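GSK2269557 bound to Phosphatidylinositol 4,5-bisphosphate 3-kinase catalytic subunit delta isoform.
Quick note: numbers on chain A are straight from the PDB entry, i.e. 108-175, 187-291, 315-398, 415-445, 452-517, 522-918, 928-1032, in order. Note that these values count all heavy atoms, side chains included, but never hydrogens, waters or copies made by symmetry. Counting starts at 1 for both ligands and their atoms, following the listed order.
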Amino acid sequence: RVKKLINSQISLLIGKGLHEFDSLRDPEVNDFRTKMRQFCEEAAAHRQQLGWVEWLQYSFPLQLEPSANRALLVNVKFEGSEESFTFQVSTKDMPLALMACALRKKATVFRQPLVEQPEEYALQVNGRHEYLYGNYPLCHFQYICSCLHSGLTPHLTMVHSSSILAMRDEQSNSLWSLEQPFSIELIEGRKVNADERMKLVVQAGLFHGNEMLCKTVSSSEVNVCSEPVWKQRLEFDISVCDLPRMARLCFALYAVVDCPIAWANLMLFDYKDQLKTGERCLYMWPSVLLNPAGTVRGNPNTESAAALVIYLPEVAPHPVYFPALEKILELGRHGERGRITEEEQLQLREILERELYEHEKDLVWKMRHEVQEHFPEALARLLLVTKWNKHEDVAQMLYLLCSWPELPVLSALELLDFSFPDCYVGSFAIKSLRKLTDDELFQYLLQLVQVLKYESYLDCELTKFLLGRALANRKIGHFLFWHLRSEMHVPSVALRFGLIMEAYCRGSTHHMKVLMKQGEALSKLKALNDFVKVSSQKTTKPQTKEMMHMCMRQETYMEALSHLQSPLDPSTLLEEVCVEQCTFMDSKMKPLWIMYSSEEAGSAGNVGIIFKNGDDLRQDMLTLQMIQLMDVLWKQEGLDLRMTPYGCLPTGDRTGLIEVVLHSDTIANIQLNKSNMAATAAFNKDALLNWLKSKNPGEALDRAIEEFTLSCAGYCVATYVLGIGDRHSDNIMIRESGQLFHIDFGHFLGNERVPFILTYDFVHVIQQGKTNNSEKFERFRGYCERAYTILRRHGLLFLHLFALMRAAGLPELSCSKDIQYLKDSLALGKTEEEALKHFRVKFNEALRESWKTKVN
Ligand SMILES: CC(C)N1CCN(Cc2cnc(-c3cc(-c4cccc5[nH]ccc45)cc4[nH]ncc34)o2)CC1
């Protein structure tokens, strides 16, 4: 009864019926669901018995400042009482001292000598799924740090251990003996559609990641037909013994008089290490020839897709499996060590610290033992020079790898590239990744979920790792779910992504229900946005807003749109929907602006979400995640550029949520220079500054001009490094604190060479409204240079991250040309003295371009 309800609920939540998985009758799919159900149910059982503090670390992981004395006012209360107390504490005090102080006031008011010790409690942030615990001082917590900048007072609740336990309780659930050349039979093509004035060619390649194992073989030219017949042998120049484990056979069917039609790839060995034999029907994917990186599973739409039949020949009378790790380590155990001169050792040091020539690859390979012992972080370059088309060479390389020491997270993220398709090399990358903290993992999760699209099989090390970490952290679980869920309309990933979400759901029944409440809210938002789109092409904005409001006031709407966790942040609770405050934006897609309030949270419960359907939001999220990382990298070096890292989350097909930043308007709106306002100006250059002055009276203007200066320097650098163009007054926002930030991200990474942009209006604010202010202007250039030089020292981080994102399917992130842009913007080739001089030329060039509006 409950088993059937859970399954149908999973089916609705994931957006694919579980019955569809069974109907494939695929043993690989059937082993994944059994082995991952068990693995996720064990994680669940482990969780239902965690300690109470241990339960907070799962459900409410700490939100700490990248870094993690002074008077501070905090307001504390208890769960079963409306009565609060306001204490004067210090930012250097640990939450525990606040707790002991909170109980002291309760001891007098209630006159009893309180049995409770501070240790017995946790401090909940008012009307939020956020907690303050652990031995970190108050300023170290993101909520107190945010509170300290906005002047506003922290509002906390005392939560007893027994109450947290009550929450845990209610949330309960031999190959090497076959030297003949690898060949195949190309039998026939089916349902192909092309010009009859042309001929059909079949191109095949044997790959190990991005590298060829041998040269490509083309079929004979056959006349264009819907059912073309070949019945021909395609011999490759590689022996069946030399075929690596991660060898993938790639096909590109096309038309010639080069006209791309379709493509298809398959792994030569199955998920049980067996070399494949017998007839194979490859349901081809459409082109725009040979695509190594493309998925190794067939096209689901079997009725429309082209279906090339091939025939893997019987290389032996019995089945053939890839030799086990014991046979590999035995063959690779044999060889000669690196005995070379100081001169070749000096050249080896020069190339390993530094793309290399053939002879330079020959020295990396001969000196592989010196690489293992004296250059372990050079592992990726050694894996690159290895000949993956020679069984002896792979075995030597694998033998070194099993004895290879663990590498930093930085080196491990590089090893996840499609360049390293070897499962033992990938298992190795995951072993060096396990030391990632939850915060580091959250930072790179977007890229790790993309790496899943490179994976040759369902049951892989990266899936178990992502699953295990997601079941031990509710925030990780949340974002993993939404990154998978959002790509369910993509037929190439839907089976993989649907299977991972089903596994997770088996491990968190309670969270499956929480996320369905989010899914139901997004369901109603799409129907409401659809209404608005139709209504805005028929009536006036006041009329459409009122009708949107009437629709929202319905029982079904009021209930679905209310009392939920935010998909943008599970800490944020969207309680009561303020219908009167809701509206829509006037852009093509008519985005909805949805407001919420919460009495339990006060001012902190006054939140909003923007719902946008019709436009792709994956590039906006990636841009924002990159900027957020910059802010993290800067803060770690003690540079706080006053950034606004707001939420952006794609949820479905051209659908997603953007976080509302209140007390912010666009440069364009402020610059309208409307009459009967506190910001009305004598000169349009005054407007932004008058607005700033109106919002920040007295001594407050100085801090606002400084928030402006700091954020501006950060965004000038962020948009320059990331090449974010189409920047105008309508997509630049200013907060009432003076903080500047960017919205609506179309183009990024040139698509060319977007220059460093300095705008006179912002230079006018930095210079405090004065024509000349070298003091303030050069303090600004210093912030810019400092920011730029910090990013450069983390150049490989961005490069390793952007390389993993190539799997994403973003048209503006599809080749080496895009990654080159980063290398160029960060002047990754030059020394810091050289890069700084290059940055100062582009900065001065940008000031000279800003001086066009200064002159006029
Ligand atoms: C409801 C009314 C009283 N408002 C409407 C909004 N404007 C300001 C405004 C105009 N555009 C945005 C905005 C726009 C977007 C946005 C919109 C479209 C694509 C995007 N990609 C990344 C951000 C983004 C996100 C935002 N978060 N917080 C504010 C925004 O805010 C103030 C008055």
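At a heavy-atom distance under 4.0 Å, only side-chain atoms of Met752, from C-beta outward, approach GSK2269557.
Under 4.0 Å from GSK2269557, the heavy atoms of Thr750 that appear belong solely to its side chain.
Across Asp897, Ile777, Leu824, heavy-atom proximity to atom 26 (C) of GSK2269557 is greatest for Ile777. Lab note: most residues of chain A in contact with GSK2269557 fall in UniProt domain PI3K/PI4K catalytic. The heavy atom nearest to atom 9 (C) of GSK2269557, considering only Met788, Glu826, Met900, is found in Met900. The presence of a protein heavy atom under 4.0 Å from atom 2 (C) of GSK2269557 is ruled out. Residue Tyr813 holds the heavy atom nearest to atom 22 (C) of GSK2269557 of all those in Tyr813, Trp760, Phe908, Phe751. Heavy atoms from both the backbone and the side chain of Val828 come within less than 4.0 Å of GSK2269557. Protein heavy atoms are found inside the 4.0 Å sphere centred on atom 17 (C) of GSK2269557. At a 4.0 Å heavy-atom cut-off, GSK2269557 does not touch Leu829 at all. The 4.0 Å heavy-atom shell around GSK2269557 contains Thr750, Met752, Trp760, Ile777, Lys779, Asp787, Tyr813, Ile825, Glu826, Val827, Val828, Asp832, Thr833, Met900, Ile910, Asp911.
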Return a table of N or O atom pairs, GSK2269557 on one side and protein on the other, at distances under 3.5 Å, rounded to 0.1 Å.
residue    : atom   : partner : partner atom : Å
GSK2269557 : 21 (N) : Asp787  : OD2          : 2.9
GSK2269557 : 21 (N) : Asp911  : N            : 3.3
GSK2269557 : 27 (N) : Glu826  : O            : 2.8
GSK2269557 : 28 (N) : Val828  : N            : 2.9

